[PDB]
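We're numbering straight along the sequence, starting at 1. Hydrogens, waters and symmetry mates are skipped; everything else that's a heavy atom, side chains included, is used. Determined by X-ray crystallography, 2.5 Å, according to the entry header. Just follow the structure's listing: the first ligand is 1, and inside any ligand the first atom is 1.
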Amino acid sequence: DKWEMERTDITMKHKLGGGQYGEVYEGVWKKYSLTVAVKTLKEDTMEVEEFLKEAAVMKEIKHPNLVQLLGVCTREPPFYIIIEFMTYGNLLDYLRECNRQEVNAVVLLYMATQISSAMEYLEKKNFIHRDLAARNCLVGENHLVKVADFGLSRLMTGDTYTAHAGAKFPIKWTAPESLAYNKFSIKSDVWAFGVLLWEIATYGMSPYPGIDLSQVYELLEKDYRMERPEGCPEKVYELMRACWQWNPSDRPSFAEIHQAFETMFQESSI
Ligand SMILES: CO[C@@H](C(=O)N1Cc2[nH]nc(NC(=O)c3ccc(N4CCN(C)CC4)cc3)c2C1)c1ccccc1
Ligand SMILES: [Mg+2]
């Protein structure tokens, strides 16, 4: 299989942290002199399946704004997934820590255009991500941003995907249909994308500030939504709101979303 490679090609450099099933390393693909990220699996989990699912999905997608699979080591432990190295780490900490004169209003629009471009691509190929959030996007030089963490991504056969009994999702990014019935779709990615914009507009605040996790769903039912963040352009808030429409099919498509950010990003560039 074309993605498989020899464990011995890679040397570990440093632990990176941030892992779910195992440590995530900064390593070096020696023959190419290339720094890479290496996601490893703790031999002692039965989460082998999910770990391998992430890898399977990354073989099937490719886009400038989706973190890129480089190869795998999966003929025996410890399992490795090898991925392009993004030097600045997660988008959430990147927003909290940045210099806002640099990461300014035009950069915010640039970040959203990047993500929506990726998500438009996924939409087109009938994929869903299911974990879109600042914490799962990755940052490179000059505010390059890529969607990452594809463990939960799926190719749908229809327009809907239903998670299995017992699955739990992060309350404040998850569409109501998904919280209530475990139904996911391109449109539930659109909801999370909306929450992701709010994260960008606030430079990484936690959403629904001070609101008890237990009461968020019920609030959504009664049409409570987050208010416009300070400094957030009116058109951007309209889109955020469109993303949070109760009915999935009232939410804009990512092509429409990308189109609107593309426009706004260009006008701001004069
Ligand atoms: C859990 O999987 C990883 C994953 O797949 N990955 C694939 C992939 N590619 N590049 C990565 N970079 C880092 O992990 C990283 C972390 C901290 C880092 N610094 C810390 C703070 N400083 C400001 C700069 C140096 C610099 C780079 C990752 C993680 C993941 C982690 C976070 C978000 C999305 C995915
Ligand atoms: Mg994650």
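- The chain sharing the greatest contact count with ligand 1 is, according to the PDB entry, proto-oncogene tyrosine-protein kinase ABL1.
- Selecting from dipyridamole, exarafenib, danusertib, sofosbuvir, the compound at ligand 1 turns out to be danusertib.
- Residues contacting danusertib within 4.0 Å (heavy-atom distance) are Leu16, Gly18, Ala37, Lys39, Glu84, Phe85, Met86, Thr87, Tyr88, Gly89, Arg135, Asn136, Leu138, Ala148.
- Checking only distances, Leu138 never comes within under 3.5 Å of danusertib, N or O to N or O.
- For danusertib, the nearest UniProt active-site residue in chain A, with the shortest heavy-atom distance to 1 Å, is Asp131, 8 Å.
- Of the residues UniProt lists as binding ATP in chain A, a heavy atom under 4.0 Å from danusertib is found for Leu16, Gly18, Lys39, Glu84, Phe85, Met86, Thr87, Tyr88, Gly89.
- Proximity of atom 15 (C) of danusertib to the protein is indicated by at least one non-hydrogen atom lying closer than 4.0 angstrom.
- Among the atoms of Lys39, some N or O lies under 3.5 angstrom from an N or O of danusertib.
- Checking only distances, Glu84 does come within under 3.5 Å of danusertib, N or O to N or O.
- Distance remark: protein heavy atom not present below 4.0 angstrom from atom 20 (C) of danusertib.
- Under the 4.0 Å distance rule, the nearest protein heavy atom to atom 30 (C) of danusertib falls outside the cut-off.
- Lab note: contacts of chain A with danusertib map mostly to UniProt domain Protein kinase.
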